[PDB]
Amino acid sequence: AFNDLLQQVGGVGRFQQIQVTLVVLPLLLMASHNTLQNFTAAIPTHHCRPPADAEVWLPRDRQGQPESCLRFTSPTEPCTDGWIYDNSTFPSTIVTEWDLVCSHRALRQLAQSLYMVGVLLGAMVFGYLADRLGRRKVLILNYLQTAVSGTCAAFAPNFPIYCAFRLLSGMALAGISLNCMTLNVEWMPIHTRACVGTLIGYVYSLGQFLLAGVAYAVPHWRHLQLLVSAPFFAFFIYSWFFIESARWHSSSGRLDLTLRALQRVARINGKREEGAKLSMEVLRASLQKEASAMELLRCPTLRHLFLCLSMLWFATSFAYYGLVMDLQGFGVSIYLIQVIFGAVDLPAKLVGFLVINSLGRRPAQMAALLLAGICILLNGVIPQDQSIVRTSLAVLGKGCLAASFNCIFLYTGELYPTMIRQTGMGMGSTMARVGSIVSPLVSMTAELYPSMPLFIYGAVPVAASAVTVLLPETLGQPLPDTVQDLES
Ligand SMILES: COc1ccc(Cl)cc1C(=O)NCCc1ccc(S(=O)(=O)NC(=O)NC2CCCCC2)cc1
């Protein structure tokens, strides 16, 4: 009867209208801190530095472009001396700093892979410790860490220090993402649980505009990192004024704290007359009513569903986080491609929302996934001579994958049974990050062929699109109460 208590104190009042906004505001930096290795680690055109013994010193080939490997040993030797990087559009990047060109090309992918590896451990550890210390405490620690370990990376004199600090920043950021929604959805009524779920998505989708503006505003990478990591201190200074969730207090066993929090929120809302009526006995009379992860194993009915759901999550995450990177090579500047990519998610979600309930849950998923897969696989045959279809197909694929993410979230939310839903959603989201981890890993094979990663990126969604035909349709049906009655 917690919902009735919320409607008694006022339900959706000023307390919510302040706290939800002030808790969702810092999510505008997710897009900036996630896809930063497009502006902070761009590769400009470079060539071998001739010896200081002096135009014709390099074996230029492929339409006269200077060659970056050899240096005409005699007026066929490795450089081992240095490179002359261009400074017309990219004054300084990571490759310009430690010379990760033509011999250590895979280290950019390695850094991205480590940054993504530092997301799984966060989502695990700080999700475990969120239900044992308190949402607000963990949020405060996350706010402190994202600024402490994020601003000192801009002064790293070596590569491993930068990698480790980025890993820790991702560790904090993974926890902030989960805890934000976990604390936000608790204070809202049951009838407004889906409205806030879509709110976070559009907040995330707006951060690409800020990234595009800021990157142009400051070209330097150290200053860019400092600026994108600084505001977390301001967000942290105020973060002591939040109110702990009442549901967690009630479930823990301490009802006095729940009572006090209810009175306090009543004072903020201005309904103290009902708070005074609220007492200990009525709470014990109204809330008197108030699953292992291995149960998925040794029970085929849930294992069969979980396997397919995890496969879909993995395929979607792999395709999405392989697509969004490597903006270079499209002919158009990365700055413009950023805003173009950020301008296609809104219509993707808008169209997908209608089609989940109009066409069907599974029809929409299969159509979107197949279209994205074929569109991406098509990109690997047309030559780079073109400059229009290359961008059109990429943006269409990105939007389609965003719509696929919007559809699968609701599909898994409404598919699983009631009691095991909380752990099933977490397990499904867990497999949505291994694909992101492995995305930079398979891009390292670009040395073998110049489009093999692109072919790999299109085969997985195409294969997964035919896998959705093995799940029941559940449109316009009651939520399955339990496993016993779960038959159709
Ligand atoms: C992965 O569960 C979601 C899927 C879609 C949306 Cl709307 C929200 C969530 C969500 O709240 N999960 C819990 C916490 C969370 C949030 C974001 C991320 S994320 O990985 O950094 N974001 C994305 O992948 N895509 C975004 C959203 C969809 C359009 C394109 C941009 C990872 C975890």
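What you see of chain A is 2-55, 64-84, 102-316, 324-521, where the numbers are those given in the PDB entry. What you see below is based on every heavy atom in this structure, not just the backbone, and it leaves out hydrogens, waters and symmetry mates. Determined by electron microscopy, 3.7 Å, according to the entry header. Both ligands and their constituent atoms are indexed starting at 1 by order of listing.
Looking at ligand 1, one finds the drug glibenclamide. Against glibenclamide (ligand 1), the chain with more heavy-atom contacts than any other is given by UniProt as Solute carrier family 22 member 6. The entry attributes the source of chain A to Homo sapiens. Numbered N-terminus first as in UniProt, transmembrane segments of chain A showing a heavy atom closer than 4.0 Å to glibenclamide (ligand 1): 4, 5, 7, 8, 11.
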